[PDB]
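Read the structure below first, then the notes.
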Amino acid sequence: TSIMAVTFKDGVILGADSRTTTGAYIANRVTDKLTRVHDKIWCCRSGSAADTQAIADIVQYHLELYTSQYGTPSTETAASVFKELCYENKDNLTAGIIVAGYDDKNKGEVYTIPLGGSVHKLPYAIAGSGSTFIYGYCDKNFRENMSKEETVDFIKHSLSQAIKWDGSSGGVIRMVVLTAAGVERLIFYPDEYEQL
Amino acid sequence: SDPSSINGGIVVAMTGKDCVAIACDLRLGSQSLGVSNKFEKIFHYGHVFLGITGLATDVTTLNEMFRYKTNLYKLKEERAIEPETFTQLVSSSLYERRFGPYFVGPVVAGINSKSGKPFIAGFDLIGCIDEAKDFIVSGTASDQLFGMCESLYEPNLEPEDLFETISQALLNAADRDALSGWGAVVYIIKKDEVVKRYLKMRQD
Amino acid sequence: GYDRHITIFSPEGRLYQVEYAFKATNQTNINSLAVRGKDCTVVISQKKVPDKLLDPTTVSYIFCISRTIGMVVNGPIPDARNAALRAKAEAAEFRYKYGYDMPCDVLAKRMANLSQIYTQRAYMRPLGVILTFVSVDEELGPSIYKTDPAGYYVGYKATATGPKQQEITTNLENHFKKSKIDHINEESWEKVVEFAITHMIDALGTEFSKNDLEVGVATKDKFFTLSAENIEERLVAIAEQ
Amino acid sequence: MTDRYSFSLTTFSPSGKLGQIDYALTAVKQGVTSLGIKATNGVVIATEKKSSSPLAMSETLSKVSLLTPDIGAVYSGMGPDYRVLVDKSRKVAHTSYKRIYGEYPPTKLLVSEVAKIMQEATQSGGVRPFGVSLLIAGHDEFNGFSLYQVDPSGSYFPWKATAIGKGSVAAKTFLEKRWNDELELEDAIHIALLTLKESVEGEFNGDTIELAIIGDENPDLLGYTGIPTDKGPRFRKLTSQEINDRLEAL
Amino acid sequence: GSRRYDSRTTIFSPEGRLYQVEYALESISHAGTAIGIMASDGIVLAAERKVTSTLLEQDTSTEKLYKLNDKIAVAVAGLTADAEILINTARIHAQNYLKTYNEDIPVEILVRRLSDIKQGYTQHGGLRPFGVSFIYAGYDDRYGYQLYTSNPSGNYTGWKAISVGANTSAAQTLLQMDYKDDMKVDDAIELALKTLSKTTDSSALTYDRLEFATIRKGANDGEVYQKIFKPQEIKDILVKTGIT
Amino acid sequence: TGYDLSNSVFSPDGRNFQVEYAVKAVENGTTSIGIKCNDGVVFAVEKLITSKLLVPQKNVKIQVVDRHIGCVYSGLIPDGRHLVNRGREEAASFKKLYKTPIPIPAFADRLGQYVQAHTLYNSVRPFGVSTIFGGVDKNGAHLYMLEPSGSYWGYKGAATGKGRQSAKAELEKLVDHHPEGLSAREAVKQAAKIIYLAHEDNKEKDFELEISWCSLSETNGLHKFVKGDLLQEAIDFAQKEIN
Amino acid sequence: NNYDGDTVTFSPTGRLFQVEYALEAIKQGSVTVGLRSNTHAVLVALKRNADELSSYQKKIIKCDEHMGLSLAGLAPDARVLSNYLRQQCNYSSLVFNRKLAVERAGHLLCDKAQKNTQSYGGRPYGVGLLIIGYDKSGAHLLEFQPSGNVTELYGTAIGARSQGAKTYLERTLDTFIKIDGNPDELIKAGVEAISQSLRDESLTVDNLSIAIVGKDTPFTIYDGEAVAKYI
Amino acid sequence: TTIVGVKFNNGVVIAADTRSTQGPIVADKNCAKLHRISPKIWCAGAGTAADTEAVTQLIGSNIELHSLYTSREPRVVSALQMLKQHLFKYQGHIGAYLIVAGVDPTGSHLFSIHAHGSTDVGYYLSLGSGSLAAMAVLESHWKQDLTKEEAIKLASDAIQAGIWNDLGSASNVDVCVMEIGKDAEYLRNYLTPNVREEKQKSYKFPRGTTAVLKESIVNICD
Ligand SMILES: *[B]([O])([O])[C]([C][C]([C])[C])[N]C(=O)[C]([C]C1=[C][C]=[C][C]=[C]1)[N]C(=O)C1=[C]N=[C][C]=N1
Ligand SMILES: *[B]([O])([O])[C]([C][C]([C])[C])[N]C(=O)[C]([C]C1=[C][C]=[C][C]=[C]1)[N]C(=O)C1=[C]N=[C][C]=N1
Ligand SMILES: [Cl-]
Ligand SMILES: [Cl-]
Ligand SMILES: [Mg+2]
Ligand SMILES: [Mg+2]
Ligand SMILES: [Mg+2]
Ligand SMILES: [Mg+2]
């Protein structure tokens, strides 16, 4: 799995590959690892597909009920609900989640929640088995306040390399753009990103 | 150690023309030690017959359980249970112990009293229904029984021909199994008469 | 005479606590009205802020249960909010368990069943409220379903609730006798709200300012309440014809 | 909190009467008339859709309810009590039968389960009896067609034909004169419509009358093909048009 | 709190009587009469259905006589719904005993069990007692043919002949007059129907107002057969004994 | 009759007389008020000096919930404390799950639902307090008042207790004479005056003034007690106005 | 009248009669006095005997090395409440290595008593308590009522004829508050205060019970010949 | 086991083989691996036979009750959600691997569920021991905008790949077609091997061949 979330000038963009594996067999080559817990709060999922789905479903339920009572939740609040589930059930879960969302007040925010259940607010985050191979590249190429087009290129190039080297990663590169304008879905096929 | 092969034993059932047959060996042992040669594994609740292989304590327990349940069924429904319905009851009852199962291999046999249709069914230790047209096998010599039944069996056998086929299936299968034998019983079942025959076989 | 204190049968076969809960319904002295358009369901309710010390923005009997479902309440606010919180919880749980948004009629039934339980179980009192649920259902379209303290519920073409419900009901009845259709034949929700307000004015015989009303609108995939300025625009259009 | 009413609210009076059951029966008496007639090849159950308002859509309120594919129910008395009983009756048909035997319960046993629930509300702590009388019509393979009445006490009786509620005394007398053991389903429906007209004041048509039957298997209503033994539900609710057609031959 | 509305179903009167038991017995006294008569070669159970209708489906109807197992049956007097609760419990107890000991339950043991359940509702729980009286007719290999009765108090007693429900005072006098120890089933059948015919509040005793049953060793060789009479069979025995 | 002997029983009117009797306990209590200002809220309460033996400034009535909400109440003091303890549990579990401090409207409903729950059963008694509370959240300042029935609304100014009519009249003047708004420091002064004016209903015994406030500019949106010079400044302003 | 059958019922004027009846049990109880300075806090209690053969019922209970109370009313209820205080004082020490504040001790007693006034089945406590203590903010004196009301005071008295001692303390307020670094004089003032509540009987050696806590003085109770000094 | 699901333009088709095995032994040569959850929602199951049957009926029961409660046609996402949450609860110990398909008022749907509770979406799917043979066929011949007739062929070709090449798959092909607007058609044994060998010799025995010791009539009657 190769997932990442990157904040930029107009908001935040989530990115992910589409490969699901059972050992060396690719059980699904067109997986959607970018999932929606609220209108403008999404997450990237890595680890157990069953665990991360169950968690995401519970979070979506909590934020739906939150919204009914207290209005739109913050991205920080969403990350806290993820954390609470991942931390309290750390013995029985295998989930590495990146939470990304857009407020008008706070703009683009990214929170990463690794195996332990700890929370880390960052300008950008990378996770999944394929992330290991792009720590060097991403650290060298990331800039704050990038444009939409620059951020799309950054994620596209980064996940391209992660896919290239990691056997657990592959398929298409999915992306979700979160801004004041709305929610935009992007997709990039092998023929495009392999030649980069 | 393996609960399904401590006591030993086998059951086989076959369909014929307007008849069914169900048979079993009589052995009960403690591994190598033969203990009883009168341990019958076939029971009946009304016109529905149930054979049970596997761990003997569970064979006994399940018999007592299905007697219990079929007796209440009859009091409430004001009629005897049918093979198709009993089959679903056996499956339900086994699966409720999904993660602490009875170590058994049940076999249902009988004729539907209303339609007259012959019926047989087999189960695994946790409820999966194998509703075969031809035959059902169960026990420590199930492999042997499969081979015998698959080669000997032909459809639409008459009651007295079916008796010969099922008896020879059981006998020759049991004789290739160390934990089966020590006697045998065959039930021939028709819509309103049932004959029970004890077979003469080698006692080793 | 303890058959009048708890929910058990009187000799007449009546439940007096249920009947007295119906009377609590009109304690607020507010009238509500719900009508259906082509693409929308509109609910209006009288807004009365008698105290100048009150923050008028917090005075409301219309609730956003889910994204799709809205609910107006006729009765005291504590019981109203009790019902609202439960309906929100039930709607959220439904979506989690069954994978799709709870329909308006199903929620109404669920709340009606809960109400029924209070009429049968002695330790629980009935809520002194009448709940009017509105949405644009993805299967049934524009929907109005109303629940009461007896545990009764039913779908409506249009409905009215409050002290002067009968005057509003007859006014609406007479209109639908003319048009011979089960809804307001209008494209925009703005004009359906104008219809709703106009017919409440005619029925009650009172004029309204922007702060005298409270409006809720259900469209496909969302329910929302109108601001005072949105209502003012609505009142201006009514006056100009 | 906690339900602190752990004692019976229904008790024997000095005369031996169970007051709350009697009063529940009084509530049933006030209820709208419903009836049931058993034919040789089917059963019919019927009642009046007493609309509380002309603005109310009476189609959304179902007085006649499917319990199983071969069993239906109608009532007289308190609607909300009926509605929750139908929910429980539907569920108990699965939990206490279908999930055990892999088939739907026979009419008498489902009736028995419903009766049990109603009896418990007559004895358990902190509850009143249900204020309804049910008429449950159904079919099963070994008992054939049947029609049962279930009272607030939990008592149930099988009927050839009967009526409950408002004008039950008059309706039962009307049914006694008309009923015989050679009625076909269409004849029973005809008698049902005649009997029901007497107790109805206002409009009498397909939109103000609710009527269902337990009759032949409906493979068109099954929803799928490919299994010969599955032939479709015997329960069928008559449409507004289907009722009006028979009101012309009335 | 809740105390205000508590009837207190399990208390003594100043005289040392249980109010609710006494009032439940008063309820039962208005129920259709049921009679049990024990003979040397079998037992008879007869009972009167309460003011029936012509539209009642009698052949599928059961309000008085119930089967507990193959050897034991009961005649009911009181609230039918209450009785069915207890009947299902009794049926289960018999099956539990059978599963445990691999023998049919002795009649008294089953009767004691049900009677103990009834007793519990009079001493604890704060619930109303079961408004039911049973006549138990059964057979086992220890005592042979047995008749028992139990009432809402949970007290049970054994009988040669007994009635419950309406007009028991009149019925018990008539049984005490014509009953003899060397009596047989066919004679007991006649006594049962004659007693009902005299004690009935109806104008005449007919087949459609009766439930009838016999427990006979009149089953092929050493075994017992229960016979729940069908409407036509009740009609025939009424003609045979000379009542209709 | 007998409808007033048990809680959660509807009278033939549709009223819950037990809740109405709880209100009588509230009306019997000392005066407490709340004033919503430009960027926050101000709470004040009348503390009756029953005796000279009472230690001044020790028997504190106003209570903090979390770090941004102030609560004051009139009526049965223990009931008010019980309600605040619950409020603190509610605020803690909200912050535990959602990270952010509980918003004031959200907090208001938590108390509201809890008080309303005590009108649902005969096994509990309604609360013998009307609670005035509020504070500053992400959406700004909020002031609420919560009755024994569970009923609550947002307020510009609020008052309860024995001198509520007097106080209300004073609050209404401020609302009329300051449509643009009132500053936090002004509200503290006015709060002191209103309690002094409302003390005419409890004029037998002398009293002690207690004031608190949350303000975005003055207290960084945290609840704090008005102490020392600022308190004395408000007392002087109040004493000047009554004379 | 009709509204005094249980604690869960308000009267039409908003009164809780069961609580008021519990308050009445305190008035029947024997007099006890509490008073403090800035350095020390003192309890003085008039113990009551059944007859001449009987012992004199103990009125003072130690809760911790720095805290304790005197009782008036149902003694078993005081035992329950004092036991609760002992546990709370003890929890504070074991968990936080912190001596429990006297004010916080009062808050805990208030909340415990309150639960008994709002719930069905239970009953209010039938006892009044005077809690003294010395913590990080100096000497303290609290008055507990089973309604839940707890009040911090310079001095007070509860029980039968307690109004006489309370008036005396109200006059002496300016004097006894200044008695700093002199335990014997503070006790004298307390013994003189409780004397204003006596009729017919006088303070004897097995009648009088005194307790004290202060800056360098653990909570200690004086009975028997230890209080003869003050008679 | 080889099970498949294929979407087509106006619906969805499901398919499966008919072999059940205990190790290397064949237990049933004609097992029905296609199940009805609701009239127009069917699922194919692989893994532990008893678990697929039981979890399919339980959710089928709850779906029926839900349909009655809501007065609506049941949805496929409802079955999907109820199933996965149950499987997740038991952390994979209920060995049910399913392909769920159907039509409802929202349209036509195709999903898969693994024993641990993870769900997937696709136009074509396969599970079981023969899943790799089938997916190779599907990945070679699938195109979008299939007709009902093309999709059935693709599905049954995929099932054949498993039958021939996978030892855990054998015998006949079952199919079910769920089209929008239409009734679902369950095609039990859509494909069977034709003809088949007659055995060389009948092994019917001479009567009296088997030696008997005792005989008796059994009393089944009451
Ligand atoms: B990715 O590789 O982490 C991916 C993300 C997931 C949300 C789809 N996980 C998987 O593919 C996992 C295995 C795994 C691989 C590498 C690291 C951690 C885990 N697969 C599954 O959970 C799975 C596989 N087959 C069927 C069902 N679920
Ligand atoms: B298929 O291979 O997935 C098939 C699916 C269908 C039959 C439900 N599974 C099986 O045939 C399984 C294989 C298996 C063997 C042993 C343990 C678990 C699974 N067979 C059975 O479940 C089975 C069937 N009948 C009797 C015994 N076991
Ligand atoms: Cl996934
Ligand atoms: Cl419900
Ligand atoms: Mg790769
Ligand atoms: Mg051998
Ligand atoms: Mg040997
Ligand atoms: Mg109630």
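Order of the sequence lines fixes the chain letters, A, B, ..., with proteins taken first and strands second; residue numbering starts at 1 for each chain. As the structure lists them, so they are numbered: ligands from 1, and atoms in each ligand from 1. Not the full deposit; the contacts listed refer only to the portion displayed.
- The drug at ligand 1 is bortezomib (bound form).
- Here the macromolecule bound to bortezomib (bound form, ligand 1) with the most contacts is known in the PDB entry as Proteasome subunit beta type-1.
- Counting only non-hydrogen atoms, chains lying under 4.0 Å from bortezomib (bound form, ligand 1): A, H.
- The shell of residues around bortezomib (bound form, ligand 1) (heavy atoms under 4.0 Å) is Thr1(A), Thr20(A), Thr21(A), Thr22(A), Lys33(A), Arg45(A), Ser46(A), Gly47(A), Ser48(A), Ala49(A), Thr52(A), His114(H), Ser118(H).
- Lab note: ligands/ions < 4.0 Å from bortezomib (bound form, ligand 1) = none found.
- The name that the PDB assigns to chain H is Proteasome subunit beta type-2.
- Checking UniProt active-site residues of chain A against bortezomib (bound form, ligand 1), the nearest one by heavy atoms (to 1 Å) is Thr1(A), 1 Å.
- Covalent attachment: bortezomib (bound form, ligand 1) to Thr1(A) OG1.
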